[PDB]
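Notes follow once the structure below has been shown.
Throughout, chain A uses the PDB entry numbering, with the displayed residues spanning 142-177, 195-310, 315-434 in order. The figures here come from the full heavy-atom set of this structure, side chains too, leaving out hydrogens, waters and symmetry mates. Both counts, for ligands and for their atoms, begin at 1 and track the order of listing. Header lists the method as X-ray crystallography, 2.0 Å.
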Amino acid sequence: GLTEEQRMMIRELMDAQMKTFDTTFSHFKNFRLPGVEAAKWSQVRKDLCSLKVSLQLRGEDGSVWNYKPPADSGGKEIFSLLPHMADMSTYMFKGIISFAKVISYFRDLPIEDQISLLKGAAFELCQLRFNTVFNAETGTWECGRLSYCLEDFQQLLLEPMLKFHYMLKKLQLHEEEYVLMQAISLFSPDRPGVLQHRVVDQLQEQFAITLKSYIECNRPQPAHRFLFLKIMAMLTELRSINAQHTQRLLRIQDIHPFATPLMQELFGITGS
Ligand SMILES: C[C@]12CC[C@@H]3c4ccc(O)cc4CC[C@H]3[C@@H]1CC[C@@H]2O
Ligand SMILES: O=[S@]1OC[C@@H]2[C@H](CO1)[C@]1(Cl)C(Cl)=C(Cl)[C@@]2(Cl)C1(Cl)Cl
């Protein structure tokens, strides 16, 4: 019951996703691993301990390495996983940039708006991709040979990013709905620096219309009543989480630099 432009739209997005989402993380390589003013620190300590994960690496030979992080004892140990996480986020950002560049609607925008939109949405599309490898039964992001497992329950869901992943996983979305969510986030007309506000706004509306129609054509079950509105509410929450985590990043970076060059570029850090 989709129009022809709507089916072409979904096919282009799925094509871009298929070409640029390394779902086995097979090409994530050469990453770092953990080794073998007072008010600023207290806030950063709170920022860092709100997510605690252990790390598992399954080798191509059947061997397994497992890393359990240190407890916060008031020193530099709270930073032990930052170089690794920076490498992982950098790898994901590259895939997200590649995703956007393949989409015709994005390619046709002026280069300055392309940059503004990626700066605005890269984090959000990364999280949307991460949700598809989230195992809500085990609290684990399954990234091919790497796993990130939440350290232990109802208390963990107080953390907005974690509540987001659990609530979104429960909607049991299709691949097509995830990639439409990515497009709606990417084409947000109100990111800092966008110039072609009206063009971007019209594109976003068409992706939202396509998503609403996809759900109506393919999900008649009473469990999916209001599904379109639930997804849109999650996207608004994701934007909120993005703003929160951007500020966390800049606070951590202020007293303990760790952002890679690509992260600096996307977050506006000039190197001076
Ligand atoms: C998620 C945290 C804030 C956001 C940080 C971030 C934010 C953006 C990004 O590209 C990478 C990282 C790595 C470390 C993250 C932090 C580790 C714990 C903290 O809450
Ligand atoms: O791309 S970044 O690096 C990955 C980290 C975060 C996302 O930012 C979270 Cl929210 C997710 Cl998702 C994963 Cl996976 C981890 Cl491991 C945690 Cl910290 Cl769990």
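The drug positioned at ligand 1, selected from estradiol, triclocarban, thalidomide, is estradiol. In this complex, the main macromolecule engaging estradiol, as named in UniProt, is Nuclear receptor subfamily 1 group I member 2. Using a 4.0 Å heavy-atom cut-off, the binding site of estradiol is formed by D205, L206, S208, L240, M243, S247, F251, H407, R410, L411, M425.
Remark: estradiol atoms within the under-4.0 Å shell around heavy atoms of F251 are 10 (O). Residue-ligand proximity, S208 to estradiol, at heavy-atom distances under 4.0 Å covers atoms 20 (O). When the UniProt hyperforin-binding residues of chain A are filtered for a heavy atom under 4.0 Å from estradiol, what remains is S247, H407. The UniProt domain of chain A holding most residues in contact with estradiol is NR LBD. Set against the non-hydrogen atoms of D205, the atoms of estradiol under 4.0 Å away are 18 (C), 19 (C), 20 (O). When each atom of estradiol is checked for a heavy atom of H407 under 4.0 Å away, the hits are 1 (C), 3 (C), 4 (C). Listed in the PDB entry as the source organism of chain A is Homo sapiens.
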